[PDB]
Structures are given as C-alpha cells and as structure tokens.
Amino acid sequence: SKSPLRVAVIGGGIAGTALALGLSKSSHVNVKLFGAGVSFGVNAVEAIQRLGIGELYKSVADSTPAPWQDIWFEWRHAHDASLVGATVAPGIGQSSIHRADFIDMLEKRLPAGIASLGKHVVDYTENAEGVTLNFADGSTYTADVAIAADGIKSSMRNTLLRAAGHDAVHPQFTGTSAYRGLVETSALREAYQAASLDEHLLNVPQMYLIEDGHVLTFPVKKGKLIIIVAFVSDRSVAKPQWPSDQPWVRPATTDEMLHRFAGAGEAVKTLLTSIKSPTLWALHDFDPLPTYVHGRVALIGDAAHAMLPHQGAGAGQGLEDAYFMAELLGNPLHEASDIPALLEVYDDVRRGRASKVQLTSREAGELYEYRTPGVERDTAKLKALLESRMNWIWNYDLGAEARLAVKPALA
Ligand SMILES: O=C(O)c1ccccc1O
C-alpha cells in the first residue's frame, strides 16, 4: 500500500454518496466526499444489492401491494382509460423512494472520516501528478483522482469540457413540465365508486396517454396514497425557454392542469381534480456530452447525463456509474499513474449507454404523448414498442461490465 489512492468525490447525491460507499471497503483507497422522489428499475437492483443495501432499501422503498407488485405500468389511452398494454418487471415492478431517505440511508452507513461538508468547489487545476480542488472556502484539496457528482448544474462539468476543448453545456428546458400531487387513496376510491369507475386503476400503476401530455399514477404507503404526475408539453418552438430566473418549481392551480387535459375521460379528470395543491416542475436535461473525462477528472450522474424522467432511469445510471467506478478505482492493481488511462476506459464503457439512455428518455416522452413518428396513437404499435422498449436498459449485466474495469492491454 505505502501511499494509498487519493480520491475525491464532489457532490453528496446518490452517485457521489454511493461511489464513496463503494470505495469505503477498499482500505487501500483514501476517499473523501465533498423531484423530491425517485424510481429504480431492475438494473438498479444489482447495484444496490452490491453496495450492501438490498435488505434495507427493500424495506424502506415503496412497492405496489401484492400480487400487483411486478407491474411497471399499465398503459392506457387518456380519453376513455382503455387498455393499450402493460410492462411487467418481475421482482421490482414500480419501485420508488423519497430521495432524502435514500441518500441518507447511504451516508449513514459510511464509515466516519469521508464526509466533508462545508466545501463546494468553484474550480480545479491539475499537473499530471496532482489534481487540486479550489474550495470557495479559499482552501484546497489535492488528489490522484476527482470524480464530479455535482448534478445537473455541475460546476465541474464545464471546467472539464473547456479544458478538453469542447463548448460548455448547461441545463436546457425540455419544453415539458410536470404537475405533481399526492392524494389519499380512500378519497379517490370514493370518487371512483361515485362515478362507476374501475377501481383497478387505483391499485396498479397507470400511465394515460394523450396528445402532448400524459398522466401517471402509482400507489405508495402500501396503497394508501397515490402519486399523480401530469406531464404537459409544448412542441411549438424548436428550442423552448424557461424564464431567466424563476425557480424550476412553483405552485400551480387545479385548473391550470385540467385545462391541458380537456380531452381526457373522467378517470383522469377525477384524478386531476383530486389534487388540491399541485406543484409544477419544469423538466430540464442536456444533449449528450462529447466526453465525460479529461486528465484526472471524470463526470458521473446527472452532471454527466441528466435526463427526462420518462424511463424512471436517471438514478440507476448514476448507480451503474458509481458501481463501475468503485470497481475501477479500488482495484489494488491500479495506481496514480494509471488514472488518466483508466478514466478514459470508464468513458468507453459507460458514455454510450448513458447517452443513449438520455436520448431514449426523450423518445419515451414523445411516445407517451402520441408523437412518435410511425406510431402516434396507433394502439397496436404503441403496445408493441412500450412492452419491449425498457429491455435493453433493464436486462443489462453489471457483473460483466465490471470485468471491463481494468487497465488496457497493450498486447
Ligand atoms: O416516478 C416517476 O416520476 C416517473 C416518471 C416518468 C416515468 C416513470 C416514472 O416512474
């Protein structure tokens, strides 16, 4: 060991917090760490299981009461609530957790010494022997390797991209906004009963499709609350804008929603009407980056590949980043002078998949809203694409990917 590997992780937010937990174990590594609700698919599982939290997650996270627990979503048309199809993810189904609670349960299993609160980074500089963080603090830290997990607005992203000779990249408003509510299930069963509606729609997660919008629901608190997220999209401007400075969240009225879902049937309308105080969220992402790495620094999580939530996939990609990165650093063979090269390996393994996840989250946005060329609102073709489209994401083998986390070959 003599000199262990010095690794800084910037951003205390799931990807970061989990890469630190990832690295913790290694002992020959020295590591320090500088929607108000989330979803996890089948491919997150292997990652969570790994980082030693299956057990705990599996208890704290919401799930759809049995036996409906394996259903990801039932897909329906908004206008009459009729069925288009269903995506089943056996085992996981609709799995979700309050963000606060997830992060927290990571960082509270994190052997003391690693968390390093006050500091956020404005800048960094590097030699080839050193990468040095500039805290606002006015102070500094220096390491062999720095992994930026500082989210969609990442400072570090654009230091890196400018260093690597690429244009900077900022959050782009997607044109889509989300009204979100949380509703007492009993209250809605009453309403549903009152209007002769199928009460199945409240027990199993649903997505209702309409032109330029969609509404999803899923039960939480073992069935007693319903999460409702009503998505609306304007595709008039070819590149839409959010007010120079509003925050990305604000409150909104129950009629500002209903106005956008005028074409929907009474199932959807009842759901929309049950939300008394809807918040609205402006959804941002960015185009895939030309690289995630330069020198001794690498981007993970939303800082690398922020995305629309339409495939419930963003966190999971952060977790796959984290897992692979833990395995890559933290492999006793690997040392300071390997870092530039090993990071460019991370890039080769991960950039493609995550970029393609970003893009297919935009594509899902359009599919759910009757905009996919070749498909639009056609029931049979919608069915076929919905029922297969998550596979390449879900059915990925993290184990095998880990085997690629190794110094090159030269041979
Ligand atoms: O839980 C969510 O907010 C979500 C949003 C879009 C698509 C799938 C999802 O689980």
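The numbers used for chain A are those of the PDB entry, and the residues that appear cover 2-35, 45-421, in sequence. Keep in mind that the numbers below use all heavy atoms, side chains included, and drop hydrogens, waters and symmetry copies. Heads up, header says this was done by X-ray crystallography, 2.5 Å. For ligands, and for the atoms within them, numbers begin at 1 and follow the listed sequence.
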### Task
Provide the recorded name of the drug at ligand 1.
salicylic acid
### Task
Find the chain with the greatest contact count to salicylic acid and give its name in the PDB entry.
Salicylate hydroxylase
### Query
Hey, is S106 one of the residues with a heavy atom under 4.0 angstrom from salicylic acid?
no
### Query
So between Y378, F241, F228, whose heavy atom ends up nearest atom 2 (C) of salicylic acid?
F228
### Task
For atom 7 (C) of salicylic acid, find the nearest protein heavy atom and state the residue, atom name and distance (0.1 Å precision).
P319 O, 3.0 Å
### Query
When you measure from atom 1 (O) of salicylic acid to each heavy atom in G45, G47, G324, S49, which option holds the nearest one?
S49
### Task
Identify the organism of origin of chain A according to the PDB entry.
Pseudomonas putida
### Message
Using heavy atoms and a 4.0 Å limit, tell me yes or no: is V239 in contact with salicylic acid?
### Response
no
### Query
Side chain or backbone of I237 under 4.0 Å from salicylic acid, or both, or neither, by non-hydrogen atoms?
neither
### Message
Need the salicylic acid atom indices (1-based, order shown) with element for anything under 4.0 Å from a heavy-atom of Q104.
### Response
10 (O)
### Task
Give the residue and atom name of whichever protein heavy atom lies nearest to atom 3 (O) of salicylic acid, and the separation in Å to one decimal.
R190 NH2, 4.3 Å
### Message
Quick one: what's the binding site of salicylic acid if I count heavy atoms under 4.0 Å?
### Response
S49, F83, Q104, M217, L226, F228, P319, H320, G322
